[PDB]
Amino acid sequence: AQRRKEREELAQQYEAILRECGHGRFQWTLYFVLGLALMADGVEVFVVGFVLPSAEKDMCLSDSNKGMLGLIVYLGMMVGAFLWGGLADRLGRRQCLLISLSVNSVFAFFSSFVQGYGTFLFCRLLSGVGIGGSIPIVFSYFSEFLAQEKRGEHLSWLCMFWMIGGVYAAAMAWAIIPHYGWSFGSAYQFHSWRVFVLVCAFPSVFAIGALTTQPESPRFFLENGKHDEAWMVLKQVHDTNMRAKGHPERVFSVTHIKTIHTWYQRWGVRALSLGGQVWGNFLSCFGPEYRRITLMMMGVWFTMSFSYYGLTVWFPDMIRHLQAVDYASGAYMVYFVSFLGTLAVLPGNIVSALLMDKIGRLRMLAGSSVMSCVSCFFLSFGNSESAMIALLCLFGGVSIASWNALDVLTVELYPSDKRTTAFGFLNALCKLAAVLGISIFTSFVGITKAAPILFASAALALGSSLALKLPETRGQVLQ
Ligand SMILES: COCc1nn2c(CN3C[C@@H](CC(F)(F)Cl)CC3=O)c(C(F)(F)F)nc2s1
Ligand SMILES: COCc1nn2c(CN3C[C@@H](CC(F)(F)Cl)CC3=O)c(C(F)(F)F)nc2s1
């Protein structure tokens, strides 16, 4: 009964406290620290999508087992997303981010030394389970330090690190394992898939190391009744910002903050309680006051992920076909296209970041979705490799804006006590959509050119039609 009023008061006071702390060196530091975490997810996604389907041809496998590994890893990412997103609302943002990154790093490290396909599959699956939790936790964790004045722009600036991780993975793949030799094969060669697997883990290890230095989210502390810890963290933020700005004498004035109020047997009971609470949050996401928002969010996210991850398998085959037609008269191609795509995304992320708080989230999302639909439709007309690459750059440049807007909107539409639960559920749905799109678009490879693009464009059109119905959030305190 009373809790809604108490939480509204908490949000209103928290916004004022953040305005007192201001924006400065602390948020700039946290920005890079969490950017490393996003980069790790980018690296893993690239490895699953482009390296491993290329390595499947050298590692010995039965024909029926060829596509198994990516499916398994994406399902692991789905499970990890739901698990860590749910737990981050009960144990904390920093805690769960540390745990998930540790899992990812440990099993990525272990996968370098295995001597068989089964054990490699196991270790890679658990690495996926680990990394699946990063994005939902990262975005909420960063959002909880941002004042409403420029929260959208600051959240939008965060998405570059994912593309940077993709570029990092592609460059390391080209440098270390050209031709994608993957024999289960090193003897300390420094030019081997084991060394590539190790090098891909560096962003996650650095993320863990840097993240150990950062404080836990004070909003999480306040929502769980820990007044003094939240006060200490907020004082740390204020003092860091003011000392960096050359005003060490300024005093943090906040006096009091609103707050909300055998060994194995004990562990079992604890786990049961945690499961019950996570399930309660997940079911609350479909309560009468959030059901419609959740369903519309599901539709939009599913359609966007479906179209993108279907194109991830459509485009390389189109390039191969065009190259074959031209020749009728490698890793470097992937690295080159990835680098150009990142350079194309960059202007789109700059523009969307600068406009996010100027024109609102809904208009950004709708315009970017329409432009994404049309740019996807244009792919059917490419007659040559250069034109195809240019059109892919166009599509990425326009779609990054819609993904940014939907990230901000997803952050702001859900309350802090279940934000990471909602975000994790949506991210798990996105990875399920990735699985489905990859399989369905793989089924088209032998048939025709146009139907996959028409299908993706229709999916994006439906996504935009749903996106038009979401409520605007610009100019509101973080619920
Ligand atoms: C909707 O379309 C997306 C496609 N991206 N993409 C690429 C390169 N990437 C890889 C992407 C990033 C990550 F997912 F890997 Cl982490 C960004 C990008 O541009 C290629 C290839 F270069 F291999 F040919 N083919 C396609 S489709
Ligand atoms: C709801 O949960 C799922 C989310 N995934 N996701 C990502 C990761 N991307 C970026 C996409 C490729 C693009 F070219 F379109 Cl930017 C594909 C993808 O999966 C980001 C990002 F950091 F990139 F901004 N934001 C969110 S939300």
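Since chain A takes its numbers from the PDB entry, the residues it shows come out as 139-322, 325-401, 415-482, 593-742. Whatever order the structure lists them in is the order used to number ligands and atoms, beginning at 1. The analysis underlying the following values was restricted to heavy atoms, covering all of them including side chains, and did not include hydrogens, waters or symmetry mates.
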Engineer: Hey, what drug is sitting at ligand 1?
Structural biologist: padsevonil
Engineer: Which chain contacts padsevonil (ligand 1) the most here, in the terms used by the PDB entry?
Structural biologist: Synaptic vesicle glycoprotein 2A
Engineer: Report all residues and nucleotides of other chains within 4.0 Å of padsevonil (ligand 1) (non-hydrogen atoms).
Structural biologist: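 Heavy atoms within 4.0 Å: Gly180, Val183, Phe184, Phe188, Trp300, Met301, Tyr461, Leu464, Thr465, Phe468, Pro469, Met596, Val597, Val600, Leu655, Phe658.
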Engineer: At a 4.0 Å threshold, what atoms of padsevonil (ligand 1) neighbour a non-hydrogen atom of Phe468?
Structural biologist: 24 (F), 25 (N), 26 (C), 27 (S)
Engineer: Identify the closest protein heavy atom to atom 11 (C) of padsevonil (ligand 1): which residue and atom is it, and at what distance?
Structural biologist: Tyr461 OH, 3.5 Å
Engineer: Distance to 0.1 Å, residue and atom name: give those for the protein heavy atom nearest to atom 23 (F) of padsevonil (ligand 1).
Structural biologist: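 The protein heavy atom lying closest is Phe188 CE2, 3.1 Å.
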Engineer: Identify, for atom 4 (C) of padsevonil (ligand 1), the protein heavy atom at the shortest distance, and state residue, atom and that distance.
Structural biologist: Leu655 CD1, 4.0 Å
